[PDB]
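Scroll down for the structure; my scribbles are underneath it.
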Amino acid sequence: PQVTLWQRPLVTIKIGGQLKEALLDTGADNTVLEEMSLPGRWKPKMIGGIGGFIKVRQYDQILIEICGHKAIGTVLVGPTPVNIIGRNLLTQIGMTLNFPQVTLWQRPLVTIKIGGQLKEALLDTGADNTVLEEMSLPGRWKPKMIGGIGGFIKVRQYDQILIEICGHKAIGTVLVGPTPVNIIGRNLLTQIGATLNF
Ligand SMILES: CC(C)(C)NC(=O)[C@@H]1C[C@@H]2CCCC[C@@H]2CN1C[C@@H](O)[C@H](Cc1ccccc1)NC(=O)[C@H](CC(N)=O)NC(=O)c1ccc2ccccc2n1
């Protein structure tokens, strides 16, 4: 199927004999599930996101069915607020991002122009908002806090900002603060007609 991004791209997964919902997340390198019961050996691991880091258990060679499509790969289990299917599994179900077409064997990076400046950013189906590293933008803004996998961060909220995403123009809300990576979230992805296809 093809999936637009006006709503979170949720799918049904089956893993460890159990059914769950998860988010198709082009911005995630790994697949991370809420605490659950899986069989077998695992290894401790630390992973980062917005907000900081979390400890998870790493299971390798796990069979997972994603909306009926089977994949075997690494699944991390720990204190995430949302089940996320990252690029490690997305590639196995032939997921593509279209807006050109983009495969997910590498991070889906694009060039953006905003506030007169060129930057690189990550096309992120798993992000509700667009969050940029600290930068100089003109105009008024409002304080705000947003959450990610490791907790929360304080950002400045700029509304009605013009941004060019790989040559495509959009106007919307941009958040600016201590993110390690520039991320383009669904609020802007819809405006450039981005779809997921698998
Ligand atoms: C999952 C993991 C493998 C660890 N990958 C990542 O976390 C990478 C890390 C990258 C480098 C650091 C900066 C962010 C990018 C993109 N992220 C993926 C990225 O898709 C990440 C996935 C996610 C979704 C929900 C909750 C937690 C995590 N999304 C986000 O961080 C965006 C940020 C935002 N507020 O718009 N968060 C959300 O969209 C969002 C939505 C609902 C929520 C409810 C409760 C708590 C937090 C919630 N966060």
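The numbering of chain A matches the PDB entry: 1-99, 1001-1099, in order. Start at 1 and go down the list; that is how both ligands and their atoms are numbered. Per the header of the entry, the method used was X-ray crystallography, 1.8 Å.
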Exercise for the section: Indicate which of novobiocin, clarithromycin, milvexian, saquinavir is present at ligand 1. Expected result: saquinavir
Handout entry: Name in the PDB entry of main chain bound to saquinavir
Key = Protease
Handout entry: Binding-site residues: saquinavir, 4.0 Å heavy-atom cut-off
Key = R8, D25, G27, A28, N30, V32, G48, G49, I50, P81, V82, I84, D1025, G1027, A1028, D1029, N1030, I1047, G1048, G1049, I1050, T1080, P1081, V1082, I1084
Problem - Per-atom contacts of saquinavir with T1080, taking only distances under 4.0 Å to non-hydrogen atoms - result: 13 (C)
Practice task
Might you check, step by step, whether the distance between atom 34 (C) of saquinavir and some protein heavy atom is under 4.0 Å?
Solution key: yes
Problem - Identity and separation of the nearest protein heavy atom to atom 39 (O) of saquinavir - result: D1029 N, 3.0 Å
Handout entry: Heavy-atom nearest neighbour in the protein, as seen from atom 24 (C) of saquinavir, with distance rounded to 0.1 Å
Key = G1027 O, 3.7 Å
Handout entry: Under 4.0 Å to a heavy atom of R8 - the qualifying atoms of saquinavir, by number
Key = 41 (C), 42 (C)
Exercise for the section: State which organism the entry records for chain A. Expected result: Human immunodeficiency virus type 1
Practice task
Could you list which atoms of saquinavir come closer than 4.0 Å to a heavy atom of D1025?
Solution key: 16 (C), 18 (C), 19 (C), 20 (O)
Handout entry: Distance filter under 4.0 Å to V1082 heavy atoms, resulting saquinavir atoms
Key = 11 (C)
